[PDB]
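Structure with avibactam (bound form) present.
Following the PDB entry, chain A shows residues 21-289, kept in their order. Atoms within each ligand, like the ligands themselves, are counted from 1 in listed order. The figures here come from the full heavy-atom set of this structure, side chains too, leaving out hydrogens, waters and symmetry mates.
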Amino acid sequence: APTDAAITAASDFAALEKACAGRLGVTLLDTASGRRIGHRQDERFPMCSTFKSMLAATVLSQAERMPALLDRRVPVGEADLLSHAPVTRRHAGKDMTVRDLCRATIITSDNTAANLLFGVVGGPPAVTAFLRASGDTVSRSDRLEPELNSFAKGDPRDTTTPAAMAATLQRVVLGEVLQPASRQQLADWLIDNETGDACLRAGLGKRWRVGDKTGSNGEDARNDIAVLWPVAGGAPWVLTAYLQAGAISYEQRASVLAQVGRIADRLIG
Ligand SMILES: *C(=O)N1C[C@H](NOS(=O)(=O)O)CC[C@H]1C(N)=O
C-alpha cells in the first residue's frame, strides 16, 4: 500500500523514480519544437521488446527496395516456437506473410515472429545498420529472442536511451526515413498495440490517439514507448519510458508507467 500511494502521489519523474526505488528514464518530446523534458534521458536501458518497433521498420524499409517482400511467406517451424508466440503458435507447420509477422511482433510482441523477421532482414546487424542510417548512433540491436532481453550494467547490447528512442520514433514513425505508406503502416501497428493498456495509455487522456510498444524482462525491466497524436489536430508528441524497478511487482511497474503518462499529460497541458 505505501508504495502504491507513493507512486500515485508522485507529480514529477524524479519523485516517481524515488517512489518505486527504481531507475526511470523518460523523454517527452514535442515534435513541433524539438523540446524534450524527462529524467535520465541519456542513460542506457535495455530495449527488451521495444526494439520490435525498429525491426518492423527495418522490414518496411527493405520492402521499399524489394518488391513484394511484405507478401513473402515464411515457414513457421516447431523449432522456431518460443514460450511467447501468441500468433505464430497457430501456424506451426505452415507459413505466414512477412507483413503478418510484423503485425504480430508489434501488437502481441510475439517472440517467434521477431526471430523469423530477423532471419528475413539479416539479423541484429541489419536492424542496427537501419538505425544508424536513420540517424540513431546510440540504439543497438545485438541478439535474437529471448537472449536480447538481458541487461547488465555497462553492457550496451540491445540498449537504447529514452532520448535516442524518442528521436528515432519521430524520424521513423512521423518523419521521412520511410516512404509515406510504409510509415503509415507502422503507425497503424503501434496504434493497434494490445499489450499496453495498463502502461502509458492508462495515464493519458482521451485527447490523444496513442500508438505504443511495450517491453519487459523477468528481473526488473518494464518499458513503454509511444507516439501521441492529438485527436483535435496539431503536432504529435513522443513519450518514451524505460524502468528498472526490482523492488516492486510487475503490476506495480505498470502503475509507474501509467503515472509517467499522467505526469506527461499534465506537462503538455
Ligand atoms: C518483450 O519485452 N517481451 C515479449 C513478451 N511480451 O511482453 S511485452 O508485451 O511487454 O513486450 C514477453 C516479455 C518480453 C520478453 N521477455 O521477451
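The chain that avibactam (bound form) touches most here appears in the PDB entry under the name Beta-lactamase.
The residues lying within 4.0 Å of avibactam (bound form), counted on heavy atoms, are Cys68, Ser69, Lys72, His104, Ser129, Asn131, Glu165, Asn169, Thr215, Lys233, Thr234, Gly235, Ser236.
In terms of protein heavy-atom proximity, atom 5 (C) of avibactam (bound form) is nearest to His104 CD2, 3.5 Å.
Between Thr70 and avibactam (bound form), no N or O atom pair is found at a separation short of 3.5 Å.
The distance from avibactam (bound form) to the heavy atoms of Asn131 drops below 4.0 Å at these ligand atoms: 4 (C), 17 (O).
Inclusion of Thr234 in the set of residues having an N or O under 3.5 Å from an N or O of avibactam (bound form) is warranted. The contact set between avibactam (bound form) and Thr215, taken as ligand atoms under 4.0 Å from a residue heavy atom, comprises 9 (O). Of the protein's heavy atoms, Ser69 OG, 2.2 Å lies nearest to atom 2 (O) of avibactam (bound form). Of all atoms in avibactam (bound form), listed by their number and element, those nearer than 4.0 Å to a heavy atom of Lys233 are 11 (O). Contact atoms of avibactam (bound form) toward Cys68: 2 (O) (distance under 4.0 Å to a heavy atom of the residue). Remark: minimum distance from atom 15 (C) of avibactam (bound form) to any protein heavy atom is reached at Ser236 O, 3.7 Å. Covalent bonding of avibactam (bound form), as deposited, involves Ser69 OG. Remark: avibactam (bound form) and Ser129 share an N or O pair separated by less than 3.5 Å (distance only, no angle test).
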Tabulating one pair per line, provide the atom names and distances (0.1 Å) for every N/O atom of avibactam (bound form) that is less than 3.5 Å from a protein N/O atom.
from                   : atom 1 : to     : atom 2 : distance (Å)
avibactam (bound form) : 2 (O)  : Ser69  : N      : 2.7
avibactam (bound form) : 2 (O)  : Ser69  : OG     : 2.2
avibactam (bound form) : 2 (O)  : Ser236 : N      : 2.9
avibactam (bound form) : 2 (O)  : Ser236 : O      : 3.2
avibactam (bound form) : 3 (N)  : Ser69  : OG     : 2.3
avibactam (bound form) : 9 (O)  : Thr234 : OG1    : 3.1
avibactam (bound form) : 10 (O) : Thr234 : OG1    : 3.2
avibactam (bound form) : 11 (O) : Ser69  : OG     : 2.9
avibactam (bound form) : 11 (O) : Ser129 : OG     : 2.7
avibactam (bound form) : 11 (O) : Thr234 : O      : 3.3
avibactam (bound form) : 17 (O) : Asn131 : ND2    : 3.3
avibactam (bound form) : 17 (O) : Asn169 : ND2    : 3.3

